[PDB]
Each structure stands twice: as structure tokens, then as C-alpha cells.
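Opening notes on nelfinavir bound to Protease.
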There are 2 protein chains.
Amino acid sequence: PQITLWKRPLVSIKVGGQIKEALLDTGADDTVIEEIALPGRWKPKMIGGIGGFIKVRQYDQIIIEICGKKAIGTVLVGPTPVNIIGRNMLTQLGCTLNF
Amino acid sequence: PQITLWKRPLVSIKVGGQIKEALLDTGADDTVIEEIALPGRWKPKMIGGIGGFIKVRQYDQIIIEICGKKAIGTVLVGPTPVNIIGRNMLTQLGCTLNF
Ligand SMILES: Cc1c(O)cccc1C(=O)N[C@@H](CSc1ccccc1)[C@H](O)CN1C[C@H]2CCCC[C@H]2C[C@H]1C(=O)NC(C)(C)C
């Protein structure tokens, strides 16, 4: 489909067995989610937002349902205000910006 | 045009009589540019995100240009690591998200 930007592009997602609200974010390289339990070993990571950097746990090959679709990739977990679907996941969905 | 997200969706914009590079951000409610001279009076504003909050100057009635298309609205000026074109401007350009 086509999503307009008159309001925040919020969608429902399923990650780590839970349903959540997330933001389709072309301004994010990564997909980051509030504290949640994911399987496997993680790696440390720094991501720089508008107010500076923070540390998050990096899990790889994590499954996520988004827009009746599935994306399997890197998911960062940390103290984020909003759950974010970054470009690494958006590209798996075949998202493009059009204007 | 149609922009893919394999890499950051950076584009050239014409703002404040200046040509700058900025990121088309569907996750940003607002548009914020690094230090730049703009006409009119401003009001202080705090915007937050990953990493915390920063202080910015809010200018209204600012015109910007991206790929031959123009839009007018509010532009925030402050210490941002990357220039962000938010939804307040993306809508005016007829920018949508497709998949
Ligand atoms: C989450 C993330 C990554 O994993 C990797 C790179 C950047 C980001 C990141 O924070 N990107 C942001 C743009 S600010 C930005 C900073 C550096 C580079 C590019 C953009 C988000 O797209 C938008 N971001 C989405 C969201 C992040 C959690 C807090 C609530 C909003 C805040 C909003 C935001 O920051 N809005 C402003 C108006 C202050 C610009």
C-alpha cells in the first residue's frame, strides 16, 4: 500500500511473542524496541539520536511481523521512548519514499 | 522521485538561500536544521528523541525546496547531528511511504 504522513505512521508489530505499536522511521538505520525478552546472545551497540548516543543490546536474526508481513533481522533493545522500525527492516518490506 | 532505503534517504534541499543536505524522516514530527541564518523572530523550543532533549529556535513561515517541489512551514534550528526533514514538510511535498 501507500501510507501518508499527515499523522505519525504507527503500525502494529509482533516481536518476541508480543504485540506492540511501532513507528515506521526512514530516519533510523536500525530497529529498536523497549525492554523485552529475546533469545540468543547479544552484542553491545551505540546508536546516536538527536540528543546524543545511548547503549542498546543487539540481537540478530529476530523475527517480526509488520503489516501482515515478516521481517527477520537485527533488532536493538533499549530504553527507547517509542518502538522503531528502521531502514534495515523497512527495506525487507520493500518500502520506498515517493514524491 | 522514488527513493529506496538501502541507505539513508539524504537529499539536497534549498533553505535559507542555502543549499544543504538533509534526511527525509517519516519518524520525525518536525524539521530541524543545523545552525543557519533565518529571517523573522523565533521562539525557544525543546525537542527530544533518542539520547535526550536539545534546545532549538522555532522559525515559522520558512520555505524549503527539494527536487523541484516547494513547501512552507516551521523549521527548527539547533545542534542536530544531521539535518531532518519532518512530516510537517514531507506532507506538503506529497511524500508517501510505499510497499
Ligand atoms: C533511532 C536511530 C538509529 O537507530 C540510528 C540513527 C538515527 C536514529 C534516530 O534517532 N533518528 C531520529 C532522527 S535524528 C537522527 C540522528 C542521527 C542520524 C540521523 C537522524 C528518528 O528518525 C526520529 N525520532 C523518532 C523517535 C525516536 C524515539 C523518541 C521519539 C521520536 C523522536 C524522533 C526525533 O528524533 N525527532 C526530532 C524532531 C527531534 C528530529
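Throughout, a chain's letter reflects where its sequence line sits, starting with A, and its residues are numbered from 1. First listed ligand is number 1; within each ligand, the first listed atom is number 1. These values consider heavy atoms only, across backbone and side chains, with no hydrogens, waters or symmetry-generated copies.
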*Return the other chains, by letter, having a non-hydrogen atom closer than 4.0 Å to nelfinavir.*
A, B
*Give the residue and atom name of whichever protein heavy atom lies nearest to atom 30 (C) of nelfinavir, and the separation in Å to one decimal.*
A:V82 CG2, 3.8 Å
*Around atom 40 (C) of nelfinavir, find the nearest protein heavy atom and jot down its residue, atom name and distance.*
A:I50 CD1, 3.9 Å
*Contact atoms of nelfinavir, heavy-atom distance to B:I47 under 4.0 Å*: 39 (C)
*Which bit of A:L76 is near nelfinavir, meaning a heavy atom under 4.0 Å away: side chain, backbone, both or neither?*
neither
*Counting heavy atoms only, name the option from A:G48, A:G78, B:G78 that's nearest to atom 16 (C) of nelfinavir.*
A:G48
*What are the atoms of nelfinavir, with element, lying closer than 4.0 Å to any heavy atom of B:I84?*
20 (C)
*Write out the residue and atom name of the closest protein heavy atom to atom 2 (C) of nelfinavir, then the distance separating them to 0.1 Å.*
A:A28 CB, 3.8 Å
_Which residue and heavy atom of the protein sit nearest atom 25 (C) of nelfinavir, plus the separation_ = A:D25 OD2, 3.5 Å
*asked:* Test your reading of the structure: does A:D29 have an N or O sitting under 3.5 Å from an N or O of nelfinavir?
replied: no
*Backbone or side chain, does any N or O of B:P81 fall under 3.5 Å from an N or O of nelfinavir?*
no
_Any N/O pair B:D30/nelfinavir closer than 3.5 Å_ = no
*Which residues of other chains have a non-hydrogen atom closer than 4.0 Å to nelfinavir?*
A:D25, A:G27, A:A28, A:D29, A:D30, A:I47, A:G48, A:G49, A:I50, A:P81, A:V82, A:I84, B:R8, B:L23, B:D25, B:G27, B:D30, B:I47, B:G48, B:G49, B:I50, B:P81, B:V82, B:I84
